[PDB]
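Structure, as structure tokens:
Proteins get letters first, then strands, A, B, ... in listed order; numbering begins at 1 in each. FYI, side chains are in, hydrogens and waters are out, and symmetry mates aren't considered; it's all heavy atoms of this structure. Whatever order the structure lists ligands and atoms in, that order sets their numbers, starting from 1.
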Amino acid sequence: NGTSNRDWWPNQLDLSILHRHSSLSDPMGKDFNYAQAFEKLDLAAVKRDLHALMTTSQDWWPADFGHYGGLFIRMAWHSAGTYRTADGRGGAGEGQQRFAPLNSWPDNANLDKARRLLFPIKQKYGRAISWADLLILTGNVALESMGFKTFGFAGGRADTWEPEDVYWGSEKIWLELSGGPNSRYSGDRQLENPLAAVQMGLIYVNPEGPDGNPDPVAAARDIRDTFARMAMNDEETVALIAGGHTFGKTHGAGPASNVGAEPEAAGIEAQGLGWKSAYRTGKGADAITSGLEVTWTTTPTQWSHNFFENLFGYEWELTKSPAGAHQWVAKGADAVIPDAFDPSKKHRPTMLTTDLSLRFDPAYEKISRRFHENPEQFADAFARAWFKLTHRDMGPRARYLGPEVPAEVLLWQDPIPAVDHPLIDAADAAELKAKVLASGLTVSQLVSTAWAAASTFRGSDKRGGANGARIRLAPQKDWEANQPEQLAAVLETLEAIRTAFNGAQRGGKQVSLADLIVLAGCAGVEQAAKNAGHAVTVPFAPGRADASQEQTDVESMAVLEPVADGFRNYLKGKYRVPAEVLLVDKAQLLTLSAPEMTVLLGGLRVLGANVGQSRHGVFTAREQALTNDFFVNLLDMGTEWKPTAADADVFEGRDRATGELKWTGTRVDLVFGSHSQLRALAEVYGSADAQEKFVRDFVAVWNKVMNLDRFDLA
Amino acid sequence: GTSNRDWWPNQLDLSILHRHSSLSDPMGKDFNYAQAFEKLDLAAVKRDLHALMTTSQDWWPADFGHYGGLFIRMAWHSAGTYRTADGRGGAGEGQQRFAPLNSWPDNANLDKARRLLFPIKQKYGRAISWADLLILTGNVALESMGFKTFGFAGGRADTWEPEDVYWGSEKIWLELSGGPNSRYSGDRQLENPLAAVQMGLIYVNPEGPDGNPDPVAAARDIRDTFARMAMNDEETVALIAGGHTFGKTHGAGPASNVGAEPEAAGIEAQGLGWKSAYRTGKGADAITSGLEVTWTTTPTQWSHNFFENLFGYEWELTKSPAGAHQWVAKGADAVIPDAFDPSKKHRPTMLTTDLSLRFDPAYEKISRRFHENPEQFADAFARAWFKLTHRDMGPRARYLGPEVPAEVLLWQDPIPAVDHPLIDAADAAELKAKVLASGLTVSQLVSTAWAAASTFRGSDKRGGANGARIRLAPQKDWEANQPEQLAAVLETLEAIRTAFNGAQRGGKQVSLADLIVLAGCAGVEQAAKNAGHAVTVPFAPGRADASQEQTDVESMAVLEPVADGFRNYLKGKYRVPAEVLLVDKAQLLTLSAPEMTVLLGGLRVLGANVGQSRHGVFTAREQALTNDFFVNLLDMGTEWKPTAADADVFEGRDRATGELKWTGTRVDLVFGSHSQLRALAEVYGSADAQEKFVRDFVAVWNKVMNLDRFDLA
Ligand code: HEM
Ligand code: HEM
Ligand SMILES: NNC(=O)c1ccncc1
Ligand SMILES: [Cl-]
Ligand SMILES: [Cl-]
Ligand code: NA
Ligand code: NA
């Protein structure tokens with residue numbers, strides 16, 4: 001009820017997304033290092049306790065079949081299942097299921113119970129196992145307990161301490177069907193990027209069918225699209241759904257109107273739980289979670305091949321659960337499926353609409369039949385897919401901790417070869433920077449190429465960055481933002497330098513192209529500082545390696561293309577989201593604060609890093625010199641700015657007294673003179689005492705970006 | 001995009017505790033603004049500001065060729081958002097340059113005033129904060145026009161994001177009272193903590209209450225709002241008449257000409273707003289308030305013409321060119337200069353709220369005294385201007401520069417100078433042992449030191465343990481302080497003090513303020529020992545004891561804790577939920593969410609609750625410093641339900657037997673409910689956390705004890 005700045009100005013940009021996750025909200029000390037904690041955990045001990053928990057039923061949420069394994073597999077699947085390849089946001093890697101909004105999503109109903117069941121284990125091991133690792137490890141132990149051998153497990157997901165700022169959609173009603181005022185669909189059922197779910201508060205798709213219509217073929221279209229938006233192909237998708245639905249059951253014993261407030265809405269006495277139900281005992285046999293009432297197999301607590309036997313072995317009739325939801329029952333079947341609580345009851349086989357998709361979509365049916373005929377193929381596929389699902393956002397294999405990490409390198413990990421030769425030392429770095437500057441490559445070309453290589457990193461899923469030298473490979477070499485023709489010329493010169501240096505060495509010392517691109521960028525920044533009269537050495541850390549084309553999945557790389565990069569004043573097309581919002585989004589992915597974003601952008605503009613050598617925001621008469629000119633000129637009140645008649649998103653800056661044109665700029669350039677918080681930062685850097693501070697802060701942020709993916713040095 | 005606040009609009013907001021991280025600050029971690037300021041050539045800055053006064057810019061031409069009135073309004077408004085209820089607002093953080101205050105309707109065209117000052121800010125850089133520059137500029141404006149100010153102190157460090165302040169619940173700018181989110185109830189009772197009559201005003205409406213042009217009624221709103229800003233009748237009259245000696249209002253055409261406020265304006269406006277389509281949009285055509293008044297015959301020179309005109313004319317109700325109600329002198333000649341045309345003159349004019357100074361009977365007495373004795377007027381105005389502009393700066397030890405007034409003012413809650421050697425580490429150890437041998441308990445010691453130190457609030461830097469004001473009126477008799485228990489503790493400590501000071505040589509002595517804090521430190525050490533942990537709690541001497549004569553009792557009243565969740569105390573029944581009031585108190589204390597959480601769970605097991613209430617005392621070893629609050633709060637074997645007698649008190653029963661185990665309030669149980677607070681509770685309730693909990697508790701306790709220690713900056 002107190003009115004806030006977001007109430008008064010709801011379309012203004014939000015910078016607090018860049019300053020979340022401060023050391024203020026973190027209870028652990030500054031020096032806490034979770035990897036080091038984890039590495040001394042007795043992982044086998046934790047696994048024993050998790051095995052014991054499986055069948056330790058608690059009366060406040062009694063275990064179906066006497067075994068929590070299905071509930072825990074669903075919990076871990078949902079932890080990972082929020083992931084979107086568009087921006088890398090979501091996934092299991094930050095344990096965000098325990099914070100709002102995900103703790104209270106309708107699709108996460110009763111997973112508050114699942115997490116609560118794990119607190120005694122959490123408490124016993126304390127800081128040595130994060131919630132984020134614990135949720136995945138529990139799902140793995142559930143599978144092992146029920147007879148499925150997993151492909152492996154890595155720890156190293158540090159806990160976080162507040163909610164992430166993620167765009168989950170614009171709907172203001174949970175579960176709203178398509179076509180409303182804030183619809184996430186347009187056109188021929190085109191889901192808006194970056195979303196990867198069909199309704200607000202769902203993980204991927206609606207189990208009754210698209211917008212509730214129980215058509216398995218149409219549902220399969222939604223399955224395919226959302227799963228692809230979560231990095232899964234058809235084979236992985238079938239394996240995951242059929243694999244998962246080998247276990248456990250759904251819950252829909254009575255009408256959904258019996259279920260009360262989600263956790264964030266519940267009373268303080270609920271002590272963090274939600275969805276309290278007035279139906280009968282509210283739990284156990286009477287539980288209501290989705291509103292469906294399906295049990296897939298004849299042994300829901302044991303790995304089996306019964307899913308596909310049932311799917312293909314019966315014909316299916318449409319029916320309704322006790323809550324009124326659409327679901328399917330096997331025609332003419334006997335009552336062969338066990339009841340979760342009463343040994344004297346058995347049930348006919350049942351399926352969701354979206355399970356039927358696996359049989360009635362023609363591409364899925366071929367895979368399903370293969371898995372039915374070849375169950376060893378199904379098991380192997382499901383094990384690989386479960387590992388990928390649960391590790392997709394963990395980043396390079398260098399982050400993976402503990403004794404159960406799979407040795408097999410997987411293409412989806414964007415793998416980087418091991419380095420098996422001496423690295424360049426400081427004298428060698430100095431020799432190579434001189435050679436780069438004697439080649440004729442310009443500051444603009446050197447800065448632009450390193451920026452292009454390093455700025456693909458995003459902290460949301462720890463993909464991208466300059467390691468691997470993938471800028472030389474498809475598809476990065478051909479991205480428009482990367483200036484393919486310019487890039488090719490710089491890479492040819494750098495590869496000739498490299499060849500010359502490597503051919504002159506002894507021992508096995510060599511420099512990778514990945515390291516040379518970054519070092520060359522560093523030489524450009526040093527040259528730019530010299531051009532401005534400043535003596536600056538830029539730090540450089542060797543050790544990057546070059547990945548091959550065959551180690552580079554081109555379709556998976558596509559999502560890393562910068563379609564909006566304000567740091568290079570680039571926008572690939574016209575978007576509904578304003579460019580300055582896209583700039584803050586990119587800064588968040590790069591892990592930048594607002595001051596770092598500000599310094600970086602103003603430096604890049606005067607170094608010539610704009611795509612196409614655009615003059616928009618180039619507020620200097622000494623381009624390729626590292627100065628604070630961007631800020632001093634942007635803040636000059638002798639210039640008046642107006643949008644152009646040709647293009648409302650480009651602005652002309654004229655002398656206020658004469659009308660003479662002095663500059664042009666975009667929304668990304670001018671926001672720094674408009675937003676009250678951004679302008680306060682620009683004033684610091686545009687003050688007469690600030691040139692050396694600007695240069696030193698620029699070098700620090702430049703080095704930060706160059707090192708974002710260097711978990712080999714963590 | 002839909003946010004958590006959208007889905008759950010009533011859920012508690014912890015992000016207010018985590019502002020001002022080193023993430024959002026452009027200056028290095030090691031920047032110290034006092035060190036930069038102390039080397040500023042303040043005289044040179046003032047010479048540049050003096051020259052700016054009469055250097056008109058054509059994008060916002062100077063009225064009368066002089067920006068001094070604009071800048072005095074700018075500085076008044078920077079200071080004028082201050083509220084004594086919570087200390088929030090004021091000029092001390094330079095928040096006029098951030099949302100929402102940069103876009104309040106009462107701050108219209110002060111974007112232009114701040115813009116005029118950027119060349120000077122640019123020249124001097126980090127050596128002068130925006131916060132200090134806005135105030136300095138108002139002083140130089142006054143001095144340039146012939147008024148002697150009382151002084152100036154630097155030291156307001158800049159901030160880098162908006163403050164989270166409750167300004168009201170209205171959703172429309174300037175909404176008149178009586179709407180669905182009215183800030184008035186009863187017989188025109190303004191809701192605490194608010195200190196303005198309408199959302200987006202500084203104090204009152206210049207046309208009269210809700211627009212009704214009755215000076216007598218307006219005076220009641222003036223008196224109420226200004227008292228809520230720490231000003232009495234003399235100060236109020238001096239300030240309004242002082243201010244309105246200078247400059248003019250702006251209302252040349254209809255207000256529908258004036259476009260979006262700065263936070264709403266297009267990107268091309270480059271941080272300015274209120275662009276006007278009326279004629280030239282500026283200068284002679286300017287529209288700010290919509291009133292068109294010029295008070296004196298010399299708007300660029302200090303005078304006593306405000307009161308000569310107020311009392312020398314009778315007044316007629318009239319309307320400005322924008323349609324606002326205002327007053328014009330009956331029968332008068334055209335003696336007031338025009339701001340741009342030297343061939344035009346105007347009749348004297350006044351606002352409804354100016355006329356309050358004559359038609360309220362108490363104001364009229366003061367106004368007539370100042371009219372007859374303009375030297376009294378000048379002195380009252382200079383003192384009130386200093387107070388206004390420094391009220392949120394904190395102890396005088398924060399005051400920087402060569403123009404600091406030597407006079408000590410009662411409103412500063414002054415602390416006497418220390419003129420003797422301080423106790424050393426071995427002395428402190430001796431005194432801690434003497435305190436523990438006296439028979440004072442852990443609960444008594446912790447509760448007394450908490451009581452003394454936790455009056456601090458970082459909003460205006462008032463309060464804290466320095467001064468030993470806990471022994472004086474009114475603190476000694478506040479209910480939350482447990483007056484009879486407190487008196488017993490204080491008598492025991494004063495006997496220890498007397499014994500130790502009587503045994504010394506060389507003039508060494510310990511103040512009661514330091515011994516209160518040290519005794520609390522001994523209690524926390526003892527509690528740790530009771531748990532099996534040997535720890536030393538840090539302690540820094542150098543507090544002094546203030547006298548009763550040096551303590552304004554009425555000004556102290558706003559520091560009374562009516563809600564202190566750290567002592568499970570709520571003085572009465574409020575509309576705002578107790579958990580929200582806990583977060584508000586944590587923000588005032590400058591605590592993060594982790595610090596709040598540790599501190600509360602420790603206080604509960606040390607016996608710090610008012611009245612020895614058992615609510616939240618989730619331990620069987622009270623007075624031992626353990627993490628038992630968290631381990632017991634998180635025990636899923638306990639089921640919690642509100643009591644039938646009181647919905648805000650909960651019983652914790654064994655889930656299997658029904659046996660009563662504990663009771664708690666909303667402040668206790670929020671740590672088990674709120675998803676971010678429960679995550680913190682889980683860290684401190686884990687089996688590996690004993691050592692960490694003790695360490696973190698001692699660190700936040702020491703932070704609280706030192707909040708007012710600017711003598712150690
Ligand atoms: C098209 C994709 C999917 C849909 C629409 C879907 C739908 C559902 C629904 C409606 C439930 C019932 C929740 C309740 O009422 O308790 C559920 C349960 C479950 N799902 Fe899925 N699912 C999908 C994919 C997955 C995947 C990929 C996994 C894991 C690999 C998985 C594993 C499980 C398990 C184990 C259960 C049983 C939970 C219990 O025993 O408590 N599902 N699924
Ligand atoms: C009851 C309290 C007060 C009310 C209702 C009030 C009202 C106003 C209004 C409506 C304006 C015209 C804004 C514009 O259209 O440009 C203004 C101007 C001004 N006020 Fe006040 N005021 C109050 C107190 C003060 C105080 C305490 C001071 C300072 C000590 C101050 C100093 C000024 C000055 C110098 C101007 C002239 C600005 C210029 O020349 O641009 N006022 N006042
Ligand atoms: N929403 N979460 C992210 O965007 C992110 C998380 C961690 N580092 C960079 C970005
Ligand atoms: Cl996320
Ligand atoms: Cl404030
Ligand atoms: Na992610
Ligand atoms: Na304040």
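Selecting from sulfanilamide, isoniazid, clonidine, methamphetamine, the compound at ligand 3 turns out to be isoniazid. Structurally, the main neighbour of isoniazid is the chain that the PDB entry identifies as Catalase-peroxidase. Other chains contributing a heavy atom less than 4.0 Å from an atom of isoniazid: A.
The N/O atoms of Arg89(A), backbone and side chain alike, include one that comes under 3.5 Å of an N/O atom in isoniazid. Other ligands and ions under 4.0 Å from isoniazid: ligand 4 (chloride ion). The side chain of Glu164(A), and not its backbone, has at least one atom closer than 4.0 Å to an atom of isoniazid (non-hydrogen atoms only; side chain from C-beta on).
Within the structure, the closest approach of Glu94(A) to isoniazid falls below 4.0 Å when heavy atoms are considered. Here the protein heavy atom with the shortest distance to atom 5 (C) of isoniazid is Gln588(A) NE2, 3.0 Å. Residues flagged by UniProt as binding heme b in chain A that sit under 4.0 Å from isoniazid (heavy atoms): none.
With a heavy-atom cut-off of 4.0 Å, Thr591(A) touches isoniazid through its side chain alone. The protein heavy-atom contact nearest to atom 7 (C) of isoniazid is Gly459(A) O, 3.5 Å. Under 4.0 Å from isoniazid, the heavy atoms of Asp165(A) that appear belong solely to its backbone. Binding site of isoniazid at 4.0 Å (heavy atoms): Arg89(A), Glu94(A), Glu164(A), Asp165(A), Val166(A), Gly459(A), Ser460(A), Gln588(A), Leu589(A), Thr591(A).
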Any protein N/O atoms within less than 3.5 Å of an N/O atom in isoniazid? List the atom names and distances, or say none.
residue, atom, partner, partner atom, Å
isoniazid, 1 (N), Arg89(A), NE, 3.3
isoniazid, 1 (N), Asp165(A), O, 3.3
isoniazid, 2 (N), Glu164(A), OE2, 3.4
isoniazid, 4 (O), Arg89(A), NE, 2.8
isoniazid, 4 (O), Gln588(A), OE1, 2.0
isoniazid, 4 (O), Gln588(A), NE2, 2.9

